[PDB]
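Read through the structure below, which is laid out as structure tokens, and then see the notes.
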Amino acid sequence: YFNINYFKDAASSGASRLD
Amino acid sequence: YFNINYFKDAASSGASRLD
Amino acid sequence: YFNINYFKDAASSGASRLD
Amino acid sequence: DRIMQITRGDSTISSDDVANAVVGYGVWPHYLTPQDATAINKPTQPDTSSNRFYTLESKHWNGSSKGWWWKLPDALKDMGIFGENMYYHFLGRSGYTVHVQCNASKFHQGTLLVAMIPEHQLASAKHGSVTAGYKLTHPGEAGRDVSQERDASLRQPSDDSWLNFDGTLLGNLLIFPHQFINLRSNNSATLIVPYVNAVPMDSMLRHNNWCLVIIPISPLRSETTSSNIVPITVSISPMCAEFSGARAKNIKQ
Amino acid sequence: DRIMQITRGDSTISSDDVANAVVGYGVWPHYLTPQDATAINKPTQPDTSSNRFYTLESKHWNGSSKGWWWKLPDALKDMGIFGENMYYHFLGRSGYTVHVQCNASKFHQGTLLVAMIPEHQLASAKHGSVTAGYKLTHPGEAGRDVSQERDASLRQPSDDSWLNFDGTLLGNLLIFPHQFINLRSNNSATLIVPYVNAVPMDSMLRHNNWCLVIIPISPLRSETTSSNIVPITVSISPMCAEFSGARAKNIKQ
Amino acid sequence: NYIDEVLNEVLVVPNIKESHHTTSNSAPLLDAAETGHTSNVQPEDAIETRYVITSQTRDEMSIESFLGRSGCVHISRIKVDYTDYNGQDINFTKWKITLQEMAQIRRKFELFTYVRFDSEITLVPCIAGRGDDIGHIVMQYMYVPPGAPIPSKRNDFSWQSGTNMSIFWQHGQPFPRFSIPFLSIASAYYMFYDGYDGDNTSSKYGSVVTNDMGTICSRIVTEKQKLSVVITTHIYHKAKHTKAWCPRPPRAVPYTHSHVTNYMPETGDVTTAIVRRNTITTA
Amino acid sequence: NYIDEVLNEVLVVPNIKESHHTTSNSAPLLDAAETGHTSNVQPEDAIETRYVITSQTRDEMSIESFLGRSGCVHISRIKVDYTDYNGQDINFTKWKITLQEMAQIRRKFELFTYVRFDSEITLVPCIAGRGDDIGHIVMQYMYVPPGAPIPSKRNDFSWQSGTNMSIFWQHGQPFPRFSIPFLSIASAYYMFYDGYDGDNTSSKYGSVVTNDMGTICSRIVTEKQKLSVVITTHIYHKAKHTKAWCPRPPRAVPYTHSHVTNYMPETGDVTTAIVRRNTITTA
Amino acid sequence: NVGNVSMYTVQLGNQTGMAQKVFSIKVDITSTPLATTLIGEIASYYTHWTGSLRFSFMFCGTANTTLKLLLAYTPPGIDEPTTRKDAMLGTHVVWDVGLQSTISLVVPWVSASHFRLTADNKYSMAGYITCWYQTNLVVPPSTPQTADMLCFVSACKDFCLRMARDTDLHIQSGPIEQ
Ligand SMILES: Cc1cc(CCCCCOc2c(Cl)cc(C3=NCCO3)cc2Cl)on1
Ligand SMILES: Cc1cc(CCCCCOc2c(Cl)cc(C3=NCCO3)cc2Cl)on1
């Protein structure tokens, strides 16, 4: 389960990723 | 996540879009 | 229903499997 | 066939009679792998000169005997080379071979239970939170118990057998790698055991991984002259010894 | 370029200045071959844990200094592991690396002649057929001479330098593997030396194969405070050590 | 997989074949147990068996259904005070990370030498009303690894958890639960140990030199209330994704203290579960 | 990705190869640190290393797991009054937008010159009952950017939020949380600054000329109640999707005041964490 | 010394005796003098540490000056060595002061537990490092006879930390005003 930005804005999202 | 108008009527929906 | 590790980390997950 | 031959150093042992041999957890002792490792230095691996057949101090098997144990990383704190490399290095890792010899005649009756035990945290003889003392879980070739007497001032373990010294009905002890010495068939007991521990190489001084126990189950019974003494002799062989974390030298105690 | 780096054990040595290095008889030290061998047992070869960079006791370079020697098989009769394996085994064989460090400033003037010598049968200081004593050709890290005083009751060698202690005009000594330490260019001296002896493996106790000598040729001369002490430090590394003929253990002396 | 896993038929036991009589040489019933090995004899060997197709799974006999069950391992208690709030060492709990502090489950592991696992963890706060109204009693649990500022008292600076974990539970909202990675510098958790702190004839020896893994300093955030209370936040623990190495004989003597084996009761003779018989002849 | 990300094996560290001895010219152990650069020497260089395949991730050593953790940055308090409701500057809180108003976390950033992030934000109201019954105490938080009508007192006209954000929390319903874009006219948040307001020998100088970003005027909507209360709404903050530029030496002197560096304690000698030794010779 | 800068320099002295000792510190990276260091200051943000470490020393001596120190890493197991010989027996590096100036000493990773605790712990004791004279500090005429050496510590690619936790090295026995 993931990438389901339930919210529109980007500022709202999980902790980013890593690379 | 989106376009899941959980409700029937159109009056009920998120803030429209932009174009 | 399964394999939906709603959480990121692995330490968080159901009881493992069997094999 | 029962006969067995074993060669470890410059040393060899024979036995014209035996009860197979046992490999602890069905794993054969070997050297550490660059996968499970952690340290960074090149381990010194004395071959032969170290992992050879050292024989300890012998003991008497009494009709009053109660049992005796030796703690391995420790039993050879004096056995040349191995037992020096122990003291010169921080990290030590090694597996063993235990040859337990105890003969008498076919007119004798007796039974010895031999067992090795990973992390044998003994219990103190005294109620409380006081743990056994160092200096007493570090006997040496000589081993411990016999059925001996001692200061109760010392944070002294349990000389108590039936509870396993750890307080687990001996008899479930059969879960640890073991075998007996039924004087009517047997002659020896041979345990072989790899390196078991949550760490790739531990402190040969602070931590004793293997603990060995020999316990008279059915009491020795002859009809001979008590001039006839039936010792019990233990012989051991570090195997795949590996050391590292070289430096000054600890100190004897 | 003069800088040099050497790595032998868990040990490494550096030198921001040097006079090449020398390989004794142009042969690099290595392990014994099943051709020239003789013994029958599998030699123990402590790697790293043994053939590493041991540094001895340091010494003072005086305007009254006369010279000092160390005998190799012997200088490390205490150096951990190597020097235990020595005592536990009959046959021992090994080659070395000698790092001789001695700095001072570019305002100092001095010259040290360093040399190794196969079979350095010293002469006694006293006329006769009495050979030097054991106990005195077996000094240890500490070395011998300095310009010291001692009992003439002891079957004592020749503290005599110019004769080479063996009675060969020092100066022809240049025939043995050597180099100097001319404080105006040099900093150290590095000798590397294989195993030379009519036998594949000798007695590490009775026989010292290599003998090392350091002799002040041109006397140390500064114009500084004699608060400025200019030591001389020797470091050694058994290389390709190999042992065999395991057993009890000799005894210290 | 499903069916086999839903029907729970993953680890099935063999069936008992049919036998006939044997008037033959090799006697399987005879082995010498001194070899330390275990016999291999079966029904079919000893008797004239029939034919039973089995259907018993050894699923529930897995270190995960043996271990993977929540158990009280600690009962944090706070007899609040309103008289002196804050003060040193008050109204906030702290407790050393471990298991041996409470039986039944301690028992259970100890069945093995080494163990490894991700732990579940659940908190069951229960608010006892000693007043005529409990208000809104918020709560803060958190975890203090080594070496870390452990609250001296109730509002330190450590309750800011700028980089620590603090779970918050407010009366009504359900039980707090969460999980955790396997925390050990070692490849496995040492249930036991035959090591010490050092050569100091006064050094520590046990499971314990190897388990200083925390502590928990607690807090009831809400501030001063009128009508008193007492909070009892129960700490349950579950082992998920477990492994075990080298089984041991179970414990038969009621312990005392943790991180030790010690049984030697205060005076009372050492008691065990074994029962006494009049005679071996009749059971 | 998954495995690597679930197993947390994204940033792995190299292993320690095997070495042999070196009786050679180039001496890697010798470099001149005056170049201001950093040495590059390793185990394998200095010793006769072995071979260890590593397995440690530098995942948790990422500006996101270093920064991305919630921390108390403010504790809004309201000692209600029923005597005078409304009145000027009462029963409603307002507080200037910032971090430096409270350590542990202030500390943490300050480790870098510039920083940028979307902020999480959570509110943890705790209602202390000073009465025999707290009723239903609704709440209104909101945000007053510059220049905006900041409530003079409790019911202004600004609590209509016709175009502002006001989050509402009613006793029972969980903690209010929300998130936020990176608010700065600048490409990054200035943790520091070596600028001033102007040439006015009375101008401001610090982190601060560049951070007038708000304030928060608070409100307990419910009206007049009977039995009193005191509300303490804790403000936690988390940094999600963070970046950092030009690291700095950590802080070792307990600060005082925010938007300033000033350490100079009130009388007390400036204290630091360094400990004193009797002698260098023994540690 | 401590509240000043000197608190950073180590003067290499006279030494009437020979083979004498300079200093020592212990390796447990969360232990003053270490701790405060960019590393230490940090490590104190995590519960566990691991890998090798690097100690570097620099000669703020003179040009015409000369010396040779012996630095050593005494792994965990025993007591910080009282004597050089005893310490030379383990991990070390002879340092020849010269045209270079910086010698970097590596601290291999020797441990039982793949990982060590950042918090003071008798178990996870990393050991000691010490420095002694190999030769001396010789200076030709009219050059000072004491001089300093600066010392530093950076990590190794070995290195890695975990289990974030709040720091040690900073108690805000404040508050903080406005
Ligand atoms: C023996 C033995 C067994 C174990 C297992 C140890 C597992 C750690 C306990 O896990 C918890 C942690 Cl790390 C934190 C909290 C916690 N509750 C509120 C804050 O932190 C609770 C538990 Cl059960 O250790 N020695
Ligand atoms: C230094 C430094 C660090 C920062 C970060 C500033 C981030 C802004 C704070 O974010 C909040 C906002 Cl914009 C509003 C509210 C809010 N709570 C109730 C109403 O508004 C809370 C927070 Cl933490 O600024 N200077």
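A note on names: the letters A, B, ... follow the listed sequences, proteins ahead of strands, and every chain is numbered from 1. Displayed portion only: the contact tally does not extend beyond what is shown. This deposition comes from X-ray crystallography, 3.8 Å. Any value given below was found using the heavy atoms of this structure, including those in side chains, with hydrogens, waters and symmetry copies removed. Atoms within each ligand, like the ligands themselves, are counted from 1 in listed order.
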Report task. Provide the name in UniProt for the chain that contacts ligand 1 most. Result -> Capsid protein VP1
Query raised in the report: What would the PDB label the drug at ligand 1?
Result: WIN 54954
Query raised in the report: Which other chains make heavy-atom contacts with WIN 54954 (ligand 1) shorter than 4.0 Å?
Result: F
Query raised in the report: What organism is named as the source of chain F in the metadata of the entry?
Result: Human rhinovirus 1A
